[PDB]
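Naming convention: chains lettered A, B, ... in sequence-line order (proteins, then strands); numbering from 1 in each chain. Note that ligands are numbered from 1 as they come in the structure, with each ligand's atoms numbered from 1 the same way. Excluded from the calculations below are hydrogen atoms, water molecules and symmetry mates; all remaining heavy atoms, backbone and side chain alike, are included. Looks like X-ray crystallography, 2.7 Å, at least that's what the header says.
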Amino acid sequence: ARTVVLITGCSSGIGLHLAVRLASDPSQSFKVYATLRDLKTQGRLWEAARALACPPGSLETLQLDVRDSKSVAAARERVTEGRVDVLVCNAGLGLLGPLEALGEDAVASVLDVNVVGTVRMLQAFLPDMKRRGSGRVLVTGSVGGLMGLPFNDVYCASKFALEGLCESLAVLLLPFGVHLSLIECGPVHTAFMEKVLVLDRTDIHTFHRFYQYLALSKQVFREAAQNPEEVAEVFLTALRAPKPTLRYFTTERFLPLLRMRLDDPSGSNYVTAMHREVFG
Amino acid sequence: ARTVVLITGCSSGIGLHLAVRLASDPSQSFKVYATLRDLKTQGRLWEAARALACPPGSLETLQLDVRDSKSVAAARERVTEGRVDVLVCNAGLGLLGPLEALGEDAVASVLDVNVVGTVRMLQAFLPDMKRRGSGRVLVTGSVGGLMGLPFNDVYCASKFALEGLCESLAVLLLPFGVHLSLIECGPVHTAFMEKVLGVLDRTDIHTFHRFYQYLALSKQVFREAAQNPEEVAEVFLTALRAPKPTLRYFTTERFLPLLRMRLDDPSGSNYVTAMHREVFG
Ligand SMILES: NC(=O)c1ccc[n+]([C@@H]2O[C@H](COP(=O)([O-])OP(=O)(O)OC[C@H]3O[C@@H](n4cnc5c(N)ncnc54)[C@H](OP(=O)(O)O)[C@@H]3O)[C@@H](O)[C@H]2O)c1
Ligand SMILES: NC(=O)c1ccc[n+]([C@@H]2O[C@H](COP(=O)([O-])OP(=O)(O)OC[C@H]3O[C@@H](n4cnc5c(N)ncnc54)[C@H](OP(=O)(O)O)[C@@H]3O)[C@@H](O)[C@H]2O)c1
Ligand SMILES: C[C@]12CC[C@@H]3c4ccc(O)cc4CC[C@H]3[C@@H]1CC[C@@H]2O
Ligand SMILES: C[C@]12CC[C@@H]3c4ccc(O)cc4CC[C@H]3[C@@H]1CC[C@@H]2O
């Protein structure tokens with residue numbers, strides 16, 4: 001009990017790890033409502049929770065498909081404390097591919113989950129934190145949300161959108177007690193990439209470039225990808241702040257890339273640097 | 001004429017003005033297909049085309065509703081010259097109000113017109129450009145796309161999505177001889193805002209208050225700082241002119257001190273406080 005937390009997308013990767021990290025906190029002060037798109041996939045979560053030995057009642061899972069506003073309401077109605085102190089917007093999908101090759105459904109789907117879904121959670125939940133003048137909104141950051149990456153145009157679009165959405169609300173919410181923070185992450189070892197996935201819809205040059213990008217991402221992800229457990233610690237950090245900043249970074253690694261991006265509004269610099277980073 | 005320009009959102013504001021500025025060019029080098037979401041509202045385009053006297057055959061309008069891919073294909077197939085030298089993705093929409101007060105179809109249209117709508121345009125026009133090894137794609141920027149503005153949360157999300165889409169595509173296109181640039185705009189006197197909004201029920205009194213506090217400020221800013229749809233149109237020309245154009249063209253320096261401010265603060269709270277003070281004193 002105390003500190004009701006409600007996290008989205010906890011079947012795996014980040015959701016699952018922060019769920020049980022929070023529920024197994026030595027302080028025992030968190031009540032965790034791990035929500036998932038489909039409960040039948042909750043095996044691992046529970047096994048992890050069970051393996052960690054969490055106070056009974058410290059974990060509860062609800063079904064919440066962030067792309068359905070009815071699902072959202074319902075789960076909210078299932079939070080018995082009638083309050084959420086920490087709201088975690090963590091679900092999201094990637095989408096890779098030459099822009100001309102991406103399909104309408106995939107595009108829409110990405111935007112609906114990553115952006116539109118955070119919008120739904122907040123509408124359903126800001127109100128009562130604002131009214132209670134207390135609440136903490138933590139949103140899962142992503143680096144392809146801070147800078148453009150070749151072949152991930154739509155993913156990046158949907159990921160920059162969260163920044164924008166988040167940045168607008170913090171400008172407002174400051175005064176109401178509610179604090180929003182993004183936990184920005186680089187590659188992380190989750191279920192993410194395995195799910196993320198042309199010849200007939202792209203031209204020979206983009207095609208070969210695609211394949212060249214592809215190969216490299218995978219080698220690099222494997223080299224940089226952090227642990228999903230490393231990332232929960234950052235969410236804990238932020239949520240431990242007395243006055244939390246709007247950005248928390250899970251690694252210093254992209255920092256350098258970011259600064260030369262910001263050091264040049266025309267953007268010509270980043271473009272060249274990123275083209276060479278990706279195609280040598 | 002020769003440079004074939006294709007512009008979306010030409011029933012008014014920047015679309016309209018860019019469309020007849022180019023068409024009435026002395027050089028007379030451009031052919032302009034000004035597309036309109038609904039051709040029936042093209043009378044003002046024509047009257048203005050007339051007012052600057054675009055020679056016959058310099059301007060052709062078409063229906064293109066960026067929300068519908070069949071509309072896109074059709075427009076594309078009515079480009080007689082079979083090629084587009086400049087693609088101006090301009091149609092866009094605003095949405096203003098407490099997040100919690102915004103309607104699900106409102107939030108969705110804003111993302112589909114603004115974000116998916118440019119994704120549909122490029123998917124259709126880019127390929128041939130890439131084949132040609134030549135083309136210039138200009139996208140109407142927006143400052144709500146570079147930094148966050150209270151009570152404009154979804155408008156800003158859709159606008160930061162055009163930056164990620166265009167920057168992501170720019171890293172790739174670099175070596176293809178295809179040029180994509182964002183014309184970043186601060187406030188402008190177009191129809192944009194008359195439609196942005198006109199709450200009590202859908203939000204608390206505390207938020208309701210801030211809302212009005214914000215409308216006070218924005219109205220003042222538009223009033224004392226907006227630019228003309230034609231001031232803006234000279235930037236797309238500057239941008240289309242440069243032989244080696246950048247990703248961004250700002251139509252004003254105005255929010256550049258505030259842009260840097262943000263730029264030199266990764267953690268993001270300096271900008272949040274400044275913006276906070278700067279709007280709700
Ligand atoms: N992995 C990385 O390297 C990385 C880097 C930066 C940012 N991120 C971001 O971190 C979050 C992804 O976490 P992850 O890396 O752990 O990915 P993941 O392992 O694939 O886990 C994501 C979770 O999101 C869920 N989800 C998908 N659609 C949903 C929906 N409609 N409603 C509710 N839940 C849904 C998934 O459930 P199902 O499995 O049932 O579909 C899964 O539980 C997103 O914000 C992602 O963009 C990840
Ligand atoms: N006004 C500003 O202060 C400002 C500032 C920065 C950026 N911008 C941007 O520049 C663009 C132009 O807007 P504006 O300022 O010129 O105001 P505007 O006069 O309202 O321009 C909007 C035009 O685009 C059209 N459009 C809307 N939805 C469409 C759709 N689904 N399919 C095709 N066309 C559609 C509108 O059609 P209908 O007439 O039929 O509605 C209208 O012709 C937008 O991207 C806007 O975000 C404007
Ligand atoms: C797209 C991400 C950003 C930065 C990463 C990167 C950054 C630079 C680069 O040359 C390749 C990659 C591939 C994998 C990427 C990441 C996987 C998820 C993350 O958001
Ligand atoms: C972001 C825009 C330019 C900046 C404008 C601004 C900038 C500062 C501010 O305090 C209020 C407003 C009102 C609306 C904004 C605009 C709406 C559309 C445009 O993109």
Asks: Specify the drug or drug candidate modeled at ligand 4.
Replies: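 Recorded as estradiol.
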Asks: I'm curious which macromolecule has the most heavy-atom contacts with estradiol (ligand 4) - what does the PDB entry call it?
Replies: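 Its main partner is 17-beta-hydroxysteroid dehydrogenase.
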Asks: Other chains near estradiol (ligand 4) with a heavy-atom separation under 4.0 Å: which ones?
Replies: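 Chains with a heavy atom that near estradiol (ligand 4): B.
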Asks: Can you check which residues touch estradiol (ligand 4) if I set the heavy-atom cut-off to 4.0 Å?
Replies: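 The heavy-atom contacts are B/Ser142, B/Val143, B/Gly144, B/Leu149, B/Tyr155, B/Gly186, B/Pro187, B/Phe192, B/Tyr214, B/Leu217, B/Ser218, B/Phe222, B/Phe255, B/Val279.
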Asks: Name the source organism of chain B according to the PDB.
Replies: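 Per the PDB entry, it is Homo sapiens.
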Asks: List the UniProt active-site residue of chain B that sits nearest estradiol (ligand 4), with the heavy-atom separation to 1 Å.
Replies: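 The closest one among UniProt active-site residues, measured by heavy atoms, is B/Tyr155, 3 Å.
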Asks: Check the UniProt NADP(+)-binding residues of chain B and list those with any heavy atom under 4.0 Å from estradiol (ligand 4).
Replies: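 A heavy atom under 4.0 Å occurs in no UniProt residue.
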Asks: Using a heavy-atom cut-off of 4.0 Å, list the UniProt substrate-binding residues in chain B near estradiol (ligand 4).
Replies: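 Those UniProt residues with a heavy atom under the cut-off: B/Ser142.
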Asks: Which other ligands or ions lie under 4.0 Å from estradiol (ligand 4)?
Replies: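 I find ligand 2 (NADP nicotinamide-adenine-dinucleotide phosphate).
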